[PDB]
Student: 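Here is a complex structure; among its components: Sym024.
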Amino acid sequence: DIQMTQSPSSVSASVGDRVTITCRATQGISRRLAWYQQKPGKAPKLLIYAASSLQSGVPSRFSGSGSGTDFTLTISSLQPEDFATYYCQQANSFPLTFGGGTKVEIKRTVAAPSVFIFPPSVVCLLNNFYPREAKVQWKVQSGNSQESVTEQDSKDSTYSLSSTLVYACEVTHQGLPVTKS
Amino acid sequence: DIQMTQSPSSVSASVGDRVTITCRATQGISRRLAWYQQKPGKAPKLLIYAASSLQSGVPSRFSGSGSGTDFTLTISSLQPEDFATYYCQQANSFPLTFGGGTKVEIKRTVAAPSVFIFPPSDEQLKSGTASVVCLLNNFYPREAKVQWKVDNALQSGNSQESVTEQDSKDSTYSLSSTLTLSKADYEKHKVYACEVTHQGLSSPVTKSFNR
Amino acid sequence: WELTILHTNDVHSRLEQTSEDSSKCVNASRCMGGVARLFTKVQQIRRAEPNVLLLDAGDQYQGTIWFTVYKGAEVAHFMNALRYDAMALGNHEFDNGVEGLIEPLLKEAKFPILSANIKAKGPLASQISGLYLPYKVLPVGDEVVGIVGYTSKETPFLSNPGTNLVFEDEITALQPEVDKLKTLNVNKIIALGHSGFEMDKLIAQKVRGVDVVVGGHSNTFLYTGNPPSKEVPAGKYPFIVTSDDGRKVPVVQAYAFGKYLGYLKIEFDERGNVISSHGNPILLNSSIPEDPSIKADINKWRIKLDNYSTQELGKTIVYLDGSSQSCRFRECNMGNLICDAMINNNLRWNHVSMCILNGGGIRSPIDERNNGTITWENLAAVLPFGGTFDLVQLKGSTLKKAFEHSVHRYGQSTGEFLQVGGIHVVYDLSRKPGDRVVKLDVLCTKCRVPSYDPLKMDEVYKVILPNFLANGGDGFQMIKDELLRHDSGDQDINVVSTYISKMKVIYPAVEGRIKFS
Amino acid sequence: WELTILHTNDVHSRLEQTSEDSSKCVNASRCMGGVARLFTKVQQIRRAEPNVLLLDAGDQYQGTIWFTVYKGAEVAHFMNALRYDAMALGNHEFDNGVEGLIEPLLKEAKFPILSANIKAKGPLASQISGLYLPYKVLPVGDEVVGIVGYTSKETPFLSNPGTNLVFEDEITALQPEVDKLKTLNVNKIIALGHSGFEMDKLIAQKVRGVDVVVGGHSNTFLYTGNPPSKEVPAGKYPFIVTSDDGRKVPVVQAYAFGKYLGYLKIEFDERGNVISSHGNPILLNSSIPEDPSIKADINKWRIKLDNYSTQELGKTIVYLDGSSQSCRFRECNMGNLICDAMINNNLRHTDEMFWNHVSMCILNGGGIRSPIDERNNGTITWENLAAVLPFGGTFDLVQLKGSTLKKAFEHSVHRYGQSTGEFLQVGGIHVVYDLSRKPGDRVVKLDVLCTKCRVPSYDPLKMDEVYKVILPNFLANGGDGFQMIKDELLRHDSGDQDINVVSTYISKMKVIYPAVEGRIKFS
Amino acid sequence: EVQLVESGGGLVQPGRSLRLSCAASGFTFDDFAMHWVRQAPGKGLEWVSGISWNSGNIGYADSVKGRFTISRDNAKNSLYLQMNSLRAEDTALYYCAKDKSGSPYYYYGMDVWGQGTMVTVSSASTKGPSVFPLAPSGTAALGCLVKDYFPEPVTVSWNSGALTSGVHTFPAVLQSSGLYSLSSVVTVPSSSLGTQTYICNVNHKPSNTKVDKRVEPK
Amino acid sequence: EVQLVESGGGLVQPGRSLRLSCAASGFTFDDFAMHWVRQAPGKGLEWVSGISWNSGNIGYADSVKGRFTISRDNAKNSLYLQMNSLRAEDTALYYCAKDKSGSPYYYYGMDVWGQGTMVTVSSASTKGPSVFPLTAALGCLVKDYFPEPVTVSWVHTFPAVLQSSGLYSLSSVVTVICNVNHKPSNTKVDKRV
Ligand SMILES: *[C@@H]1O[C@H](CO)[C@@H](O)[C@H](O)[C@H]1NC(C)=O
Ligand SMILES: *[C@@H]1O[C@H](CO)[C@@H](O)[C@H](O)[C@H]1NC(C)=O
Ligand SMILES: [Zn+2]
Ligand SMILES: [Zn+2]
Ligand SMILES: [Zn+2]
Ligand SMILES: [Zn+2]
């Protein structure tokens, strides 16, 4: 199997800038590479079907490049409709493996998480934080917890998180450590 | 200046009811009279420019008549779009005075007011003033009387009144009477009653909070 | 009381200044007319006089390219700019149908458009109701003047009013309206209308209660004294008619094409009777400046005109040969194309297949070497006289004599030589004039399969002429006085352009319709 | 790297299978062409061979009832079903105008449509930019091939594109496009265009960097070996042009009407140069079965054609006398109407500038079968026209000598009085017969419309002069006698369908009124 | 087509001056007499001033005579009203109006009116409203009192538009201190007082003040 | 025009089998290689199977090889995926995708994707949600509900998370009555907090 790695795992870009996504296979696949774009709750759509070949009905904004082992998708002059997940797929031979995906997100200012507690299964809720990379601990506990993070908000473009297990929740995030029970 | 009088100040009319408005000048103005219609929040619209000449686009149900000192505007088969204020204007010579105006409003059955009293909020009491509100809700006709009896003593002043236009659906009126006092003055009395007299009520309605 | 009637009639969309002969303005320092110049004069009169009443007697629709492009929008726009007090429907107001009158003019005019003798029927009755009135009581100063209008009974034959309009007698339709005005305390009544000078005099004599008559449709020039231009007066201004009631009714006309502005001062008494009247038509030459605002508006609107004029109407494979040496001596491509345009416009009198056209009506050729492009400018150069093609009913002898006159003076390069369509004529110039038409065949009508049969002298035929031929132009006097029926039709350039746009590629040829022995 | 170019040109709305000469199909066992048959052949070639590139050189518009009913929607739909890779704009694509090109075809087509030498100006430049491209870079297999489109500069004279379109020179507009393509590292370039075989050779010789030229607009047949049908090749397939750079450029063409599928195999090296090129057009005859799904789709779309058959095309003021007692003995207004239809159809939209001035028409009297009655509210329907012209032929353009034309006219009255159908209805011709004279001298007057003259007029026939005339395909292929025509043709081009032409002319002439004008007389 | 646009109106300190302008379009400005007409809040029409086409005949109301000056520029199609020595009595919406008569010798009323420009002659500074609750005691009335603000325009809504039935917003009253007072009420079912939250939103654009008061039973 | 409709997906126990079907409408079915793709809830795409036009070339992902079976009926313009010996790792949305390339010898990605069919493999039975109550913030916790689809109204609605028992959990929060609708179990709970 031709395993394919896509970088970065997530890119935060502002409207109007250039986004570069790299895709590397485990072996040369000539220019048999495709780029797909997928919105939340929608089927993926084909943007590039061969290296540097734009799909019909797709803006010339997206540009494919590369050959052999390295390929690149460039979204110059980003627009609000381009904030989705992009996948590279090798079309060399069966199996036609896909990539890990690359999420393009709206870049906004850093926002501290609003922390709230809910005793009973204790719930720790983080509201309107940015960036998505927050960390939550219980210090009751290791494991026995689930973290659910919403997608980026349509208007506030922030992120919200809910972690479910004194039971004092501790939150560390680059916008700050807040401990509350 | 040619002073101009208009009668009546207001007339009650339903759909299909013939409406007559009389304009009387101080001196003879021959047939130089204009009749205007004004809706709330809109600029006046010229209906009649001579004493009887209809402006283009004005329905034929509007008619002008009269000459010299007395002029008349007649609306036969009144329509919902004709409930407005009507003004006469002499066009003899400068100054071009306007008349007082005549409000034509939708006639309906009598409606007794709903009387509510609102004592001053503690916020404005902390701010150094007291405002006592008396609300008459959904009454008809517009002729309603409000008195303020504080400690069974009538206050002629210190009161103001606001009245809405006719309701869009009910075609009724609402009134708000505000009694304004100093915080120290309001700290003396206790009764602060509002008495309402209206033709739709057999007896006046008194509302109080006694605090 | 003193009233100043300013009036215009038969302007025919003459928005810009024209020459002395009402043609295109070449020398701007010697040009008459225009709506800007008329605006200037009317503004002066209104600023100088207290009681002014600017009236229009109709025929404001049609005559130039302005109506071709804007189709009455320009007329309504510039009469609203000039602030006309009333208008009467002319026949030309129905040229684009009743739909072409309702939308551009009736719904856009800010003045009452009047006709007391037009009655609507059926579906049109509700659509046109209230758009045109039988009369209007206009307050002028401290008084009220009742203006009642009228239109020709010949409008169905001179225009396209439709089947839902009835044009009854002017007298018997004006009298009830004048009486209605009388019961409305209006004693000063103006009969404004479009029926010709003779019917204006008839209205003045017959209708009881009419004080002044303002008319059109006749291009009649009335002047008191020495006229200021080439127009020859048909009578004094105003023409005084002694009515049956014993009153002297003034009748006024202001020629046509906006060259003159009729100006009549009438002094009334308290009871509304005309004590007297006097005036003249003011000649609007270069001595009256054009209003800069109206002139700027004309310039703005005259861009769309020059944009439409340049555009391509169709392609031509062949040289159209509008040269005088061909259209006045032999069969030419252009005459055949024009006859085909007339016949196709009529057929698309529903079986008319005959056409004659004077060769003096063809002025300029059209060049196919310019990528084969035909524009409105080329066709306008071919037929710059602004006429219409009219249906007439003739006899075989009359057509035969017209064809003799067509070659009665051959060799002088005159314009009486006839281009034909649906007619095969063979001449013989050797014999004496009056018998040089050796052979004359025409397309048979009221037959299953058309064919060219010899012309019968005792028979009756339907032919599409120009106005010049139907009115004794370039000779042809036997045509004008012998028409059994005569109905005006569509414009010349409009018909030819419609035919060319319908036939995207045209290829006229000398088909042998006209032959010589 | 081996590339298989499949191409078609000048299909002319021949969706259903036609006969050997683009006429209506009669014997299914001997019919050729068709979208369904081409679908089967292209499917076989795609399944059997790796690098396959199906292209169209233009003129898919105009020619049959399909274009009158669907106005190019059927063309876009079935070329999407066939999955064309690219298409070049032709002169006939501008029939019905730019408005009739943008909406039916430019919007519905999924394949790129290419024309480098077409420039839009004025208000149209906003509404048409991006709908047609100067070139397209298509990945074929693991390689990438650029295709540059072009259209003949004669399109304004052969069609009605309007004023807002400028048709620049093919070479001067193709050179910057090819240079830009070679800038994009595209070493395999195909010039797919609609400017004619001669201009294709000129593009191959002059434009640097063009590897293959796929052309149209001329119906030129190229074959290497014994031809499979009646078409006589004008050269070898591919026609090798020695470019000014020393390279050898193939030029290919596949006749017209979907009868052939141009099939070329080219060998490219790593640098994109052509080492070898060989092939032959594939005759889509009855041996290739029609695809059942495409045939079912065609039958489904034929429902609207059948409904339109009863629709009123227009009205006639006069009785259209198409009876045999009239159109086979004398001049009949139906024959005049049909000749006017042929001439007007040819002059409105012409296949080539060679035929853009044709004003002469002949039509055998046996081709008119039934008359049209004006008592039915004057309406003319497609069914009545089918009754008039039931054979489903075409109206062809044919170049003859004066002697050939005069001998054809002599034959037309060689056996007069026997109700034979050789009596020719004429258009743009004035013929006078003297029946008393012996056959071979009965045509005592024969005047024809001059075309080289600035103003067309009827001049006497010249026997050594050369005249272009529109005929039925029945006459061009012999027919009711008339062997002298078939023997002495100088040039032949198939044309639109008969009933199609007549119906389109009647649609333009919303009211028709043909008469007996004296085109045929007797002394 | 005929259009009149006023401009130049605004807040004036008492005793100061202000020049109203009126741009005209769609008609010959130098053919009609032009008028300035008052309308104070809650009162009828008052004719302020009038000017002829050539400024030869100028008239003023007796209340503005000697203070206001009407003028016109026919080249720029503009009408001007220079108001001098202003006072609280001139607080009104001013319309520029076009006379119907095309004759300089007659007046036929005014057939074309502008949208009007508001002139507020008051010494009170722009102040943000204080919003107080009017708590309720079948149905109960509950409201918000928007007191002591300036200038006049405030917008009062309930539950961000969720309450549009029973909304009675009374016209503002100019208090003795020069500040405006207002009240808006809603009549609502008495059982809805314990569960439904009632919120009065007051917007004062001139002071950029948005206040949200939660009215409860209290 | 082009369209692909998927059917046959639904609840199934581990170790059982399913048969996903895909109907093609607006293209020549027997000309394009047809693929089955798999997207786990909240995860990326995973190509699981593909078949050629004549079924000669058949490919499976390494995780589905030996269990799944792709097939096609060109006469019915249909694509089938038989899924045997299913596991809890096979629950996902399945897309029936059409290859862009018209050449049987190449793959040009996938240009047409039908709306996915949700295949859920779990041993848990369908049961109603359990609702618990939770600047100030409030909310409701919707625990132990199955299957995945559920609606919460009153606003941050977090994605669902599978427990160790196979039952989904959910939480909705607001800034200051939670209404939970679960169609598969026909449950509607309005809990105030
Ligand atoms: C214009 O007409 C007037 C009035 O008849 C005349 O006095 C004048 O000479 C004319 N021409 C010019 C160029 O002013
Ligand atoms: C069809 O044409 C091919 C050549 O392309 C020929 O070999 C074959 O015999 C033809 N078949 C028929 C039935 O005409
Ligand atoms: Zn006239
Ligand atoms: Zn007339
Ligand atoms: Zn061509
Ligand atoms: Zn062609």
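Reminder, nothing fancy here: chain letters follow the sequence lines and each chain counts from 1. Note: hydrogens, waters and symmetry copies are ignored here, and every other heavy atom, side chains too, is used.
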Student: List the ligands or chains that belong to Sym024, copies included.
Tutor: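 For Sym024, that's chains A, B, E and F.
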Student: Okay, contact question: for Sym024 (chains A and F), which chain racks up the most heavy-atom pairs under 4.5 Å? Name from UniProt, please.
Tutor: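 Most heavy-atom pairs under 4.5 Å are with 5'-nucleotidase.
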Student: Can you tell me which other chains reach within 4.5 Å of Sym024 (chains A and F)? Heavy atoms only, strictly under.
Tutor: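 Those reaching under 4.5 Å with a heavy atom: D.
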Student: So if I count heavy-atom pairs below 4.5 Å, which chain of Sym024 (chains A and F) comes out ahead with chain D?
Tutor: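 First place in heavy-atom pairs goes to chain F.
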Student: Any chance you can give me the epitope of Sym024 (chains A and F) on chain D? I'm using non-hydrogen atoms under 4.5 Å.
Tutor: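 Heavy atoms only, that's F39(D), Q43(D), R46(D), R47(D), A48(D), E49(D), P50(D), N51(D), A81(D), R83(D), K110(D), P139(D), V140(D), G141(D), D142(D), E143(D), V144(D).
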Student: Which parts of Sym024 (chains A and F), given as chain and residue number, sit within 4.5 Å of chain D by heavy-atom distance?
Tutor: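 At that heavy-atom cut-off, the residues are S30(A), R31(A), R32(A), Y49(A), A50(A), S53(A), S56(A), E1(F), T28(F), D30(F), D31(F), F32(F), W53(F), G102(F), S103(F), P104(F), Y105(F), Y106(F), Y108(F).
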Student: What name does this entry use for chain A?
Tutor: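 The entry uses the name Antibody Light Chain.
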